[PDB]
Amino acid sequence: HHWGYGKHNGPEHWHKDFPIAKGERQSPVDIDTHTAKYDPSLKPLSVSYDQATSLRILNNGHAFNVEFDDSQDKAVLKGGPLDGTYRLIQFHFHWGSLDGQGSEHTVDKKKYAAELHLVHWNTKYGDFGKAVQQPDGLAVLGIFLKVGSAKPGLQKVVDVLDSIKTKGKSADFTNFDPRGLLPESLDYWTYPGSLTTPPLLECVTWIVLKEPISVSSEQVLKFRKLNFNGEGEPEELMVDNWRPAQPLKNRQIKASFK
Ligand SMILES: CCOc1ccc2nc(S(N)(=O)=O)sc2c1
Ligand SMILES: [Cl-]
Ligand SMILES: [Zn+2]
């Protein structure tokens with residue numbers, strides 16, 4: 001066995017191996033724009049990716065991760081609801097089999113075609129492994145993707161996917177600039193949550209941007225050519241690798257705007 005997104009190992013099954021799946025601060029969640037409240041206590045959000053150093057791209061059987069060198073303070077996220085410095089370690093996406101679904105977070109129940117997750121760990125914990133043992137160990141910047149005009153900055157990623165079609169495959173991926181995946185506005189919603197895939201640890205401060213980026217149908221279609229399976233195994237297209245919205249419970253989503 002092994003958790004996945006299928007009928008017999010999907011999200012509704014995760015709680016068995018990972019009881020925290022029914023926890024008090026699970027992600028993703030639906031973002032009710034009318035209930036979210038503007039928070040003046042939020043400081044300006046700062047995304048500094050100018051010195052970002054990508055190293056490799058990997059198909060881990062659930063999605064593909066563009067990994068970065070986080071041995072030094074380069075690509076960092078700070079400000080907003082965050083206290084201290086968070087360092088970028090990797091980014092990945094969640095997408096659907098159709099344009100009408102694919103995102104994990106939803107806005108007023110609306111599902112986007114995909115969602116980009118830029119993962120960062122709190123530098124005061126030394127490293128990622130230690131950060132995931134803390135309630136404020138991680139910060140994930142989420143960006144929605146809608147199908148429309150192509151996103152130039154994403155093409156380098158889509159063009160390397162052919163080399164990592166199956167689970168376990170990786171490829172060198174240096175000099176990729178994540179700044180090319182950001183929308184114009186940094187307006188966002190924020191709330192305390194968790195990792196959206198096992199181990200589903202509740203160590204994440206979520207920062208979801210309001211403005212989605214546009215990607216072309218051609219670009220997302222290539223995402224859908226990836227495989228969940230390993231080389232030589234029966235083909236199971238990597239699509240719908242998203243977890244649905246979870247109970248908000250005792251939480252309040254704050255807005256950085258209006
Ligand atoms: C220790 C294994 O590393 C992990 C495991 C799950 C996980 N989920 C996310 S997400 N979808 O951004 O909430 S990033 C991440 C890193
Ligand atoms: Cl299936
Ligand atoms: Zn994710």
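Residue numbers run from 1 in the order of the sequence given. What you see below is based on every heavy atom in this structure, not just the backbone, and it leaves out hydrogens, waters and symmetry mates. Looking at the header, which is where the method is noted, we find X-ray crystallography, 1.8 Å. Just follow the structure's listing: the first ligand is 1, and inside any ligand the first atom is 1.
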For this session: Please name the chain that forms the largest contact set with ligand 1, as given in UniProt.
Result: Carbonic anhydrase 2
Exercise. Which of the drugs dichlorophen, tegafur, brivaracetam, ethoxzolamide is observed at ligand 1?
Worked result: ethoxzolamide
Exercise. Which organism does the PDB entry give as the source of chain A?
Worked result: Homo sapiens
For this session: Give the contacting part of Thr196 toward ethoxzolamide: side chain, backbone, both or neither, where contact means a heavy-atom distance below 4.0 Å.
Result: both
Exercise. Which ethoxzolamide atoms does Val119 reach within 4.0 Å, using its non-hydrogen atoms?
Worked result: 12 (O), 14 (S)
Exercise. Which single UniProt domain of chain A covers most of the interface with ethoxzolamide?
Worked result: Alpha-carbonic anhydrase
Exercise. Checking heavy atoms only, which UniProt-annotated substrate-binding residues of chain A fall inside 4.0 Å of ethoxzolamide?
Worked result: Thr196, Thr197
Exercise. Hey, which atoms in ethoxzolamide end up nearer than 4.0 Å to a heavy atom of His92?
Worked result: 10 (S), 11 (N), 12 (O), 14 (S)
For this session: Evaluate the 4.0 Å heavy atom contact test for atom 6 (C) of ethoxzolamide: does a protein atom fall under the cut-off?
Result: yes
Problem set entry | Contact atoms of ethoxzolamide, heavy-atom distance to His94 under 4.0 Å | 11 (N)
Exercise. Below 3.5 angstrom, do we get any N/O pair linking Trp206 and ethoxzolamide?
Worked result: no
Exercise. Which atoms of ethoxzolamide sit under 4.0 Å from any heavy atom of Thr197?
Worked result: 6 (C), 7 (C), 8 (N)
Exercise. Which protein non-hydrogen atom lies closest to atom 1 (C) of ethoxzolamide, naming both residue and atom, and how far is it?
Worked result: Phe128 CE2, 3.8 Å
For this session: Using heavy atoms only, determine which UniProt active-site residue in chain A is nearest to ethoxzolamide and give the distance to 1 Å.
Result: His62, 7 Å
Exercise. Nearest protein heavy atom to atom 9 (C) of ethoxzolamide, by residue and atom, and its distance?
Worked result: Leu195 CD2, 3.7 Å
For this session: Would you check whether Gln90 has a nitrogen or oxygen atom less than 3.5 angstrom from a nitrogen or oxygen atom of ethoxzolamide?
Result: no
For this session: Tell me which UniProt Zn(2+)-binding residues of chain A have a non-hydrogen atom under 4.0 Å from ethoxzolamide.
Result: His92, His94, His117
Exercise. What other ligands or ions are found less than 4.0 Å from ethoxzolamide?
Worked result: ligand 3 (zinc ion)
Exercise. Under 4.0 Å from any heavy atom of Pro198, which atoms of ethoxzolamide are there?
Worked result: 5 (C), 6 (C)
For this session: Please list the residues near ethoxzolamide, using 4.0 Å as the heavy-atom limit.
Result: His92, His94, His117, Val119, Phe128, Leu195, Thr196, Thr197, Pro198, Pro199, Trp206
